[PDB]
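Sequence positions, counted from 1, serve as the residue numbers for this chain. Order of listing sets the numbers, starting from 1, for every ligand and every atom in it. According to its header, the structure was obtained by solution NMR.
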Amino acid sequence: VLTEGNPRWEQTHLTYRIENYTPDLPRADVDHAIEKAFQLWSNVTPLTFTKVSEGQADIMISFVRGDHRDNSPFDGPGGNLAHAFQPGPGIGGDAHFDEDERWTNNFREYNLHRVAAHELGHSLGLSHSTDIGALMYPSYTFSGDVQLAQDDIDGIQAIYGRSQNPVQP
Ligand SMILES: COc1ccc(S(=O)(=O)N(Cc2cccnc2)[C@@H](C(=O)NO)C(C)C)cc1
Ligand SMILES: [Ca+2]
Ligand SMILES: [Zn+2]
Ligand SMILES: [Zn+2]
């Protein structure tokens with residue numbers, strides 16, 4: 001409410017649910033990529049995530065093709081590779097992935113885990129940055145290893161706070 005059309009999550013815990021797995025890759029590989037991404041964000045923040053198989057989740061993930069009842073249809077391999085809505089009630093928090101391209105689990109054409117991590121940044125209220133090491137890169141590019149940069153760590157920690165509890169066990 002304080003922000004016009006871009007409210008932050010007032011909850012310290014969030015839930016998510018995958019509507020379906022793309023036939024390009026099984027669920028074991030996709031669950032790992034989605035689960036690994038949540039761990040990276042929780043590792044540096046006291047935030048906690050939990051997958052729900054029933055009820056509406058705060059962040060819904062689904063794959064779409066061509067027009068899917070939206071005002072931004074994909075135009076072939078060109079255009080954006082994925083998109084989402086600002087964090088808010090209703091369709092807000094939802095995130096769609098372009099299923100017209102083939103997803104891979106390596107440095108092949110595109111990295112699914114790298115894109116999922118970027119979509120979460122949008123759901124976490126993180127905007128694009130001009131830092132080369134920031135995963136929130138506007139266009140798609142090839143980065144070295146997948147790791148959070150100091151700018152991203154300070155940004156999410158600044159909004160909520162620092163994880164004053166680095167207990168691995
Ligand atoms: C790995 O991180 C990334 C995630 C998504 C993309 S994306 O090409 O789909 N894209 C960036 C874009 C494309 C074309 C022209 N202007 C801007 C969306 C975007 O920024 N998504 O986060 C946007 C246009 C909907 C790029 C990188
Ligand atoms: Ca495309
Ligand atoms: Zn969509
Ligand atoms: Zn983006």
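By contact count, the main macromolecule holding ligand 1 here is known in UniProt as 22 kDa interstitial collagenase. Located at ligand 1, the drug is listed as CGS-27023A. The residues lying within 4.0 Å of CGS-27023A, counted on heavy atoms, are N80, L81, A82, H83, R114, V115, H118, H122, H128, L135, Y137, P138, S139, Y140. Counting only non-hydrogen atoms, the residues of chain A annotated by UniProt as Ca(2+)-binding that lie closer than 4.0 Å to CGS-27023A amount to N80.
The nearest of the UniProt-listed active-site residues in chain A relative to CGS-27023A, at the least heavy-atom distance to 1 Å, is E119, 5 Å. Taking 4.0 Å as the limit, the other ligands and ions near CGS-27023A are ligand 4 (zinc ion). Of all Zn(2+)-binding residues UniProt records in chain A, the ones placing a non-hydrogen atom under 4.0 Å from CGS-27023A are as follows: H83, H118, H122, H128.
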